[PDB]
**Q** 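This PDB file has progesterone in it.
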Amino acid sequence: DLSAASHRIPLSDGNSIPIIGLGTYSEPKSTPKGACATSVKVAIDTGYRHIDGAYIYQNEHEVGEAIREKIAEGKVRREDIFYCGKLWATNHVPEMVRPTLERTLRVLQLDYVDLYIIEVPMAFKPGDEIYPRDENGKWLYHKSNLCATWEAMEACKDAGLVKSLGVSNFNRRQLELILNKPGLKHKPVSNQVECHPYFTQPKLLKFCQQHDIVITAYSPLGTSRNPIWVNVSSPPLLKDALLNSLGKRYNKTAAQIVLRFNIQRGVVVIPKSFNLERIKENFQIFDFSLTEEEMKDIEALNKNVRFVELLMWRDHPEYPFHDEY
Ligand SMILES: NC(=O)c1ccc[n+]([C@@H]2O[C@H](COP(=O)([O-])OP(=O)(O)OC[C@H]3O[C@@H](n4cnc5c(N)ncnc54)[C@H](OP(=O)(O)O)[C@@H]3O)[C@@H](O)[C@H]2O)c1
Ligand SMILES: CC(=O)[C@H]1CC[C@H]2[C@@H]3CCC4=CC(=O)CC[C@]4(C)[C@H]3CC[C@]12C
């Protein structure tokens, strides 16, 4: 079915998305300059055809540098590359959407993005600062209006600036808001959420499937486990007994096992790695498959505990993690 040379799955709007991609978030202060660019280039050489980034990751220019260099040398045509960008909370005001996308296009120095998604359903105070916090370190929110922001996203697709529209960190309620929006033009084709064996997203996955929405699993390897923002109550996913046990059976690492798990269930995975060897390791998941019994035992590992809770925003009206799914 899926192979290293062909692993794109269809999107509801007629487009397709490579089932695996390279995540590009990396802690700014502790990341060498050019590391992201080198990684994207290595990923493209390894066979990746999907890159996931965000202006707020502060390396979107490196991502564009790498993509342009690979297109320039003839390694791939623009049409063979799939890039997903995101609209941060401080840019949800309708009039700000298009200018925000245009900036990303200018940073990448490309004509369009394959996918553009609302980064979080929560809106923050519009401005230069991506993390609005007053004197008391308190967070400066902003009234959200997903429907209105979505209409502005639709205009971007109508202008040909982006091929597919989607969302990230949206719960069932927030997804219905768009899906049932009066006079909806473009339905979201993807919802990027935390997904892995410890948080399988069983109910959100089935809901999305009912609406032909494809799920993209961010933090598919369980995150970098940075205590500054990651919930480490759960043990390291890649140290899991079953996952490592299964890895031995197929002579694959636990990481490869968890990635295969999600793609086999139709979930797009975007593992991040700026390490030459691990970039290629994560791509080696088409030369084997898991049995239904193993798939069930892996899914049974779900703990319903998120590595990415973002508790500091649990008070925001659009906080998505309060609801069951
Ligand atoms: N939309 C959202 O709200 C949201 C939130 C979080 C993340 N994301 C996106 O999702 C991407 C993926 O998630 P993430 O970066 O949080 O996490 P992740 O992909 O789950 O894990 C990354 C961590 O795993 C390491 N790693 C990679 N391959 C490995 C392997 N085979 N064995 C052992 N360790 C390995 C990486 O280190 P090395 O680099 O040294 O290999 C890094 O520390 C992001 O980079 C971003 O593009 C989106
Ligand atoms: C405020 C703060 O500490 C920052 C540092 C690391 C940041 C996170 C880095 C990863 C990330 C990627 C996204 O696409 C959405 C938001 C998140 C989940 C960021 C939310 C804000 C954080 C938690």
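The numbering of chain A matches the PDB entry: 2-326, in order. Indexing begins at 1, ligand by ligand and atom by atom, following the structure's order. Looks like X-ray crystallography, 2.0 Å, at least that's what the header says.
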**Q** List all ligands or chains that belong to progesterone.
**A**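 The drug sits at ligand 2.
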**Q** Which chain makes more heavy-atom contacts with progesterone than any other chain, name per UniProt?
**A**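 The largest share of contacts goes to Aldo-keto reductase family 1 member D1.
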**Q** Consider progesterone: state whether an atom of it lies below 4.0 angstrom from any non-hydrogen atom of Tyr58.
**A**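 Yes.
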**Q** Give the residue, atom name and distance (to 0.1 Å) of the protein heavy atom nearest atom 20 (C) of progesterone.
**A**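 The answer is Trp314 CH2, 3.8 Å.
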**Q** Measured between heavy atoms, which UniProt-annotated NADP(+)-binding residues of chain A are under 4.0 Å from progesterone?
**A**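 A heavy atom under 4.0 Å occurs in these UniProt residues: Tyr26.
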**Q** Looking only at distances, can you tell me whether any N or O atom of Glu120, backbone or side chain, sits closer than 3.5 Å to an N or O atom of progesterone?
**A**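 Yes, since at least one N or O of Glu120 sits under 3.5 Å from an N or O of progesterone.
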**Q** Name the ligands and ions, other than progesterone, that lie under 4.0 Å from that drug.
**A**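 Closer than 4.0 Å to progesterone are ligand 1 (NADP nicotinamide-adenine-dinucleotide phosphate).
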**Q** For atom 4 (C) of progesterone, what's the nearest protein heavy atom and its distance?
**A**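 Ranking protein heavy atoms by distance from atom 4 (C) of progesterone, first comes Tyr132 OH, 3.8 Å.
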**Q** Write out the residue and atom name of the closest protein heavy atom to atom 23 (C) of progesterone, then the distance separating them to 0.1 Å.
**A**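 The closest one turns out to be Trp230 CB, 3.3 Å.
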**Q** Which substrate-binding residues that UniProt annotates in chain A are found with a heavy atom under 4.0 Å from progesterone?
**A**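 UniProt-annotated residues with a heavy atom under 4.0 Å: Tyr26, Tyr58, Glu120, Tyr132, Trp230.
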**Q** Which residue supplies the protein heavy atom nearest to atom 9 (C) of progesterone, what is that atom called, and how far is it?
**A**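 So the nearest neighbour among protein heavy atoms is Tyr26 CZ, 3.5 Å.
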**Q** Can you confirm whether some protein heavy atom lies under 4.0 Å from atom 2 (C) of progesterone, or whether none does?
**A**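 So far as the 4.0 Å threshold goes, atom 2 (C) of progesterone is out of reach of every protein heavy atom.
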**Q** For progesterone, does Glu28 get within less than 4.0 Å through its side chain, its backbone, both, or neither, judged by non-hydrogen atoms?
**A**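 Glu28 to progesterone: no contact under 4.0 Å from either part.
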**Q** In chain A, which UniProt active-site residue has a heavy atom closest to any heavy atom of progesterone, and what is that minimum distance to 1 Å?
**A**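 Of the UniProt active-site residues, the closest to progesterone by heavy atoms is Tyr58, 3 Å.
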**Q** Verify the contact flag for atom 15 (C) of progesterone, where contact means a protein heavy atom under 4.0 Å away.
**A**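 Under the 4.0 Å cut-off, atom 15 (C) of progesterone does have protein heavy-atom neighbours.
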**Q** Look at progesterone and say whether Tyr56 reaches it with a heavy atom at a distance under 4.0 Å.
**A**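 No, that is not the case, since the closest heavy atom of the residue is not under 4.0 Å from the ligand.
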**Q** Does the protein come close to atom 11 (C) of progesterone - that is, does one of its heavy atoms sit below 4.0 Å from that atom?
**A**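 Under 4.0 Å from atom 11 (C) of progesterone, zero protein heavy atoms found.
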**Q** Name every other-chain residue that has a non-hydrogen atom under 4.0 Å from progesterone.
**A**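 The site of progesterone, heavy atoms only, is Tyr26, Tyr58, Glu120, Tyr132, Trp140, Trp230, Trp314.
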**Q** Put together the list of close N/O pairs, under 3.5 Å, between progesterone and the protein, could you?
**A**
residue: progesterone; atom: 14 (O); partner: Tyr58; partner atom: OH; Å: 2.6
residue: progesterone; atom: 14 (O); partner: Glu120; partner atom: OE2; Å: 2.8

